[PDB]
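Drug present: ixabepilone.
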Amino acid sequence: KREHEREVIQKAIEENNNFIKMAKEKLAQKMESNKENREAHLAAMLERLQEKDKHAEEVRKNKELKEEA
Amino acid sequence: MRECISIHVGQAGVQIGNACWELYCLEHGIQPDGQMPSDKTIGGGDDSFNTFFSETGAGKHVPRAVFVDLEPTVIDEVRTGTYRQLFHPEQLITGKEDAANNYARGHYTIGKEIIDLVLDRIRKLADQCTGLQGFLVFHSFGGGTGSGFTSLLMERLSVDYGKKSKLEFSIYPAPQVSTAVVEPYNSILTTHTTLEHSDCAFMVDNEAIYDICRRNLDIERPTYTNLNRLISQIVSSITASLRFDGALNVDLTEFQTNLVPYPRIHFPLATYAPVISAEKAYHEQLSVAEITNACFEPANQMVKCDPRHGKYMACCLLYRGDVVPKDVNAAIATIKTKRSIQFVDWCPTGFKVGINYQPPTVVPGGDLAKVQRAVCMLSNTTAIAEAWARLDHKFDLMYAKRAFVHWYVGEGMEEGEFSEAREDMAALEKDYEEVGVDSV
Amino acid sequence: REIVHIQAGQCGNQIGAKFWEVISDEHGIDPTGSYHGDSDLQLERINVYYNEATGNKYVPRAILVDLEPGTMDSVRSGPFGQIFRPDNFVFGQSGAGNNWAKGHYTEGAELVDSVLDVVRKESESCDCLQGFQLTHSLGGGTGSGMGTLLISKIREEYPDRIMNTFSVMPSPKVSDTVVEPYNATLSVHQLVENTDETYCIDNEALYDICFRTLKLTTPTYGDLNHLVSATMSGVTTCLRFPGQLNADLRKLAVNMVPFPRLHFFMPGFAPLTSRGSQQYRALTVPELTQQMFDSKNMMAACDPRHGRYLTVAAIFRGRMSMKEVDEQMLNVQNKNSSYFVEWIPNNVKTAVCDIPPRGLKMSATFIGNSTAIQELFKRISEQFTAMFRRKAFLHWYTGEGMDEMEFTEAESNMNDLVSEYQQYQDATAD
Ligand SMILES: C/C(=C\c1csc(C)n1)[C@@H]1C[C@@H]2O[C@]2(C)CCC[C@H](C)[C@H](O)[C@@H](C)C(=O)C(C)(C)[C@@H](O)CC(=O)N1
Ligand SMILES: Nc1nc2c(ncn2[C@@H]2O[C@H](COP(=O)(O)OP(=O)(O)OP(=O)(O)O)[C@@H](O)[C@H]2O)c(=O)[nH]1
Ligand SMILES: Nc1nc2c(ncn2[C@@H]2O[C@H](COP(=O)(O)OP(=O)(O)O)[C@@H](O)[C@H]2O)c(=O)[nH]1
Ligand SMILES: [Ca+2]
Ligand SMILES: [Mg+2]
Ligand SMILES: [Mg+2]
């Protein structure tokens, strides 16, 4: 019976620890997944804007090659 | 004497906290500067009110509370208002930029910037406790901070305090005072992510409170100040077993044993009586039987739903004031011979009763009459699942078109968290169904 | 907290100047920057639009831009012309010639960095920048072309802030210039991609109000702009006074924009009465309410009963019964249920501010995201393709380096916007 009492309390300790551990891990994976998603969204916005800039420089040198006539 | 720490999150959490702590001060004879003349033990003590107030050597009684908001303007009014001397400046924590009614910003984008500081300040409160019992978390379902930041905080508290108890007071949205179309989204997200980190959650339906102010107090268009004074009376009835002692007093944890039959079934319906104006209470003594009977009228509930059409799993009555057990027992015997109280078959049907003798207080210039006796009933009924169904339906209408979902995805969230949270809510609704089926 | 305001081109600068006059009177700021007001609510949120300079002086956080010096010297000579920060005038001189490509690609591209230098100075000084509002027209060349270029550049430098515009839509009834459909379509092509919220100030609707309801046979730009300024005051009350609903640009966007491209708003104002009817008509809550929802009080030339509302904000101002506002707003939704989409519950929000605009005891401002806004874009698209079909005047634009393909792409983007408004108008909850 003493051995069973020891097993009950160590089971309680182990379940509380596994709950703390799984909460910690799933929080950290959620935070990292979310930081990556947000940074990818911003980076795509920026890449679209920078392609707008490249098209603007293309348009200006197009003007300067047709003012060469 | 086991300390309780209160955490007030976002505008609704903070403003309800204002009303609660003002009320507690009045109930304990604590002045706006924190002095309490009746406390003869200076700088410390083991009295019932010390579960909620610590003491400085200078005689100040300080709420065991943290106020947290992602923008400064609501907490600034605490920093500068009547009770500004009550709180140490480090208990009042503000960012600069709020969550814009967006759970994703509350839990990730803005919340991640302030969570370590918040937990640090909570830690400072916990370290002053000799036997911390747990936390009380106040927040709205609908705001970006109240939903997202609270979920973040609840996860982090589970990590740092193990399975130390966490109770919630949760403000459920009403169209009469709501501020955002996306409140159903934020509500389902926060309920899904908090469900396993919460031991017991008292939902307060803003529409129930609004209708009670209109009908019982004849306030034609209630403000947050009206709603919050009534809410604080109910919160006070629930915490009064922690803050006072007495012979017939029964601790909140003892009610909790009866109120939560399975970890997910942890949402008690609160019903409070009497709510009555000064003009109508005049020369109208309301007896134990009258206020008890009022507990079973659905217009007095803090959540709109119909317990007549579900099953009970527990019924608790928290009396305060001039009340003795013989009168309670007589009123209960009357109610049982006349009301629609059907329990599930796996549950005993006795009502559990607590009586605190200190009578209810009112805030100066409020709308409630000062009464001699009050009661808050806490019941566990399948009917509370109606509140989920309504919210789930609003969620479904918008989510079918992905309306507004780009605001969450832009902050880093994925559609999979939406559907995961919504499936958790569908399983919660089914759980409430299953507990009501008869045993085979 | 802080908004940075930009006004570009002639229209942009004239309606911007009237905006600053109106809200400065509302907040008790005089033309020298000094506060002489009666209510503390005038100063509670004053830093949203104003900087506090030495001497308890309030300076509009406003940036004045044009490729011509004309209008801006008119601004400086105006009644509040002294209020603006002199370093915040950024004018060129070559001009734009009602040519979007000049404003966007060449001449305005030459002035843009100088404008960006003032925006950074203003933004670096903010405790917590909300974002930006731009006033401009879509029919000229500076406001449309350079205004949309500046939006793109600001977004590159402040991608996590809100971008808001007050965009004046062109009408043949008010202006003769024949390339306006080109400029407007290229502008819209930019706005769809790069703003978070756009108020469509439609000159067609402004004219029709002035002429039909107010009975001005010859409406001035001055009379159009009194409409515009009363509206702009209304739709920024929630940013400028203490309040619960839409109190900043991000929260407004989160309430108003269910899909990121459908961010073009139809504003409305009440009351609008002819001199004749102003003696008869009573100013009650039920009648403010019914006007606010009427096709004739819309600053955009669309019939709401020809589409459905995705979202709505209504702002009442003045001393009135909030119970009565609540009842009338419920009554409008009940009686007009079919015109609000059923798959967005509770999509009409109501705010009430105590402080009425100047000269009224009570007013009402309406902001609608309605699929009936397609009527506006359709009208521009028509006028565009009637010209583009014949390649008329294309040489002003090819002359600056653009290809036909950009015109095709702008036309197709605008047609796509119209299709999407139609898709959500046809959507059902089941
Ligand atoms: C007084 C009023 C409504 C009212 C008060 S009580 C009642 C039954 N109605 C509004 C004020 C409101 O500021 C607007 C938004 C500006 C109006 C200015 C317009 C643009 C023209 O430039 C102007 C020459 C008008 O046409 C008059 C007839 C004088 C004007 O009065 C019309 C009006 O509708 N004005
Ligand atoms: N009962 C009550 N409800 C409130 C109060 N303040 C806000 N609410 C409700 O709370 C919801 C909106 O959430 P808030 O608490 O204001 O938002 P928040 O947590 O501050 O989050 P963000 O402002 O988005 O950062 C709506 O349902 C409001 O009606 C209050 O003082 N009392
Ligand atoms: N409502 C209004 N519209 C204007 C005003 N000034 C110009 N517009 C309109 O703006 C368009 C011309 O653009 P404009 O601003 O003058 O050209 P820009 O200086 O190159 O930006 C035309 O459709 C005009 O009718 C004004 O003060 N009020
Ligand atoms: Ca003591
Ligand atoms: Mg808030
Ligand atoms: Mg012009």
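Chains: A, B, ... assigned top-down by sequence line. Using the numbering of the PDB entry, the residues shown for chain A are 75-143, in order. The numbers used for chain B are those of the PDB entry, and the residues that appear cover 1-440, in sequence. Numbering, chain C: per the PDB entry, residues 2-358, 367-439 in sequence. Computation of the quantities below employed the complete heavy-atom set of this structure, encompassing side-chain atoms and omitting hydrogens, waters and symmetry-equivalent molecules. First listed ligand is number 1; within each ligand, the first listed atom is number 1. The structure shown is a partial extract from the entry, and contact counts are restricted to the extract.
In this structure, the ligands or chains belonging to ixabepilone are ligand 1.
In this structure the chain with most contacts to ixabepilone (ligand 1) is the one the PDB entry names Tubulin beta chain. Counting only non-hydrogen atoms, chains lying under 4.0 Å from ixabepilone (ligand 1): C. If you check which protein heavy atom lies closest to atom 19 (C) of ixabepilone (ligand 1), you get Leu215(C) CD1, 3.7 Å. Residue contacts with ixabepilone (ligand 1) for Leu369(C) involve side-chain atoms from C-beta outward but no N, CA, C or O (heavy atoms, distance under 4.0 Å).
Per-atom contact check: atom 23 (C) of ixabepilone (ligand 1) does not touch the protein, criterion being a heavy-atom distance below 4.0 Å.
By heavy-atom distance, the residue among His227(C), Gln280(C), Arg282(C), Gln292(C) lying nearest atom 13 (O) of ixabepilone (ligand 1) is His227(C). Within the listing of ixabepilone (ligand 1), atoms 15 (C) sit less than 4.0 angstrom from a heavy atom of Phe270(C). Contact annotation for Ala231(C) and ixabepilone (ligand 1): only side-chain heavy atoms (C-beta onward) come within less than 4.0 Å of the ligand. For a threshold of 3.5 Å applied to N or O pairs, the pair formed by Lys370(C) and ixabepilone (ligand 1) contains no separation below that value.
Closest heavy-atom approach to atom 3 (C) of ixabepilone (ligand 1) within the set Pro272(C), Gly235(C), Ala271(C): this belongs to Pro272(C).
Contacts between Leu225(C) and ixabepilone (ligand 1) below 4.0 angstrom, taking non-hydrogen atoms only, are absent altogether. Those atoms of ixabepilone (ligand 1) that come under 4.0 Å of a heavy atom in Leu217(C), given as number and element, are 26 (O).
The shortest contact between atom 30 (C) of ixabepilone (ligand 1) and any protein heavy atom is with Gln279(C) NE2, 3.5 Å.
Taking every heavy atom of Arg276(C) and a limit of under 4.0 angstrom, the matching atoms of ixabepilone (ligand 1) come to 28 (C), 29 (C). No covalent bond joins ixabepilone (ligand 1) to a chain. The protein atom (non-hydrogen) at minimum distance from atom 7 (C) of ixabepilone (ligand 1) is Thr274(C) OG1, 3.7 Å. Other-chain residues and nucleotides with a heavy atom under 4.0 Å from ixabepilone (ligand 1) are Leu215(C), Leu217(C), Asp224(C), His227(C), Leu228(C), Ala231(C), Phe270(C), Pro272(C), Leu273(C), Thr274(C), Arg276(C), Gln279(C), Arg282(C), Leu284(C), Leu369(C).
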What are the polar N/O contacts of ixabepilone (ligand 1) with the protein below 3.5 Å, with distances?
{"from": "ixabepilone (ligand 1)", "atom 1": "9 (N)", "to": "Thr274(C)", "atom 2": "OG1", "distance (Å)": "2.9"}
{"from": "ixabepilone (ligand 1)", "atom 1": "22 (O)", "to": "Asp224(C)", "atom 2": "OD1", "distance (Å)": "3.3"}
{"from": "ixabepilone (ligand 1)", "atom 1": "31 (O)", "to": "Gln279(C)", "atom 2": "NE2", "distance (Å)": "2.5"}
{"from": "ixabepilone (ligand 1)", "atom 1": "34 (O)", "to": "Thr274(C)", "atom 2": "N", "distance (Å)": "2.8"}
{"from": "ixabepilone (ligand 1)", "atom 1": "34 (O)", "to": "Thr274(C)", "atom 2": "O", "distance (Å)": "3.2"}

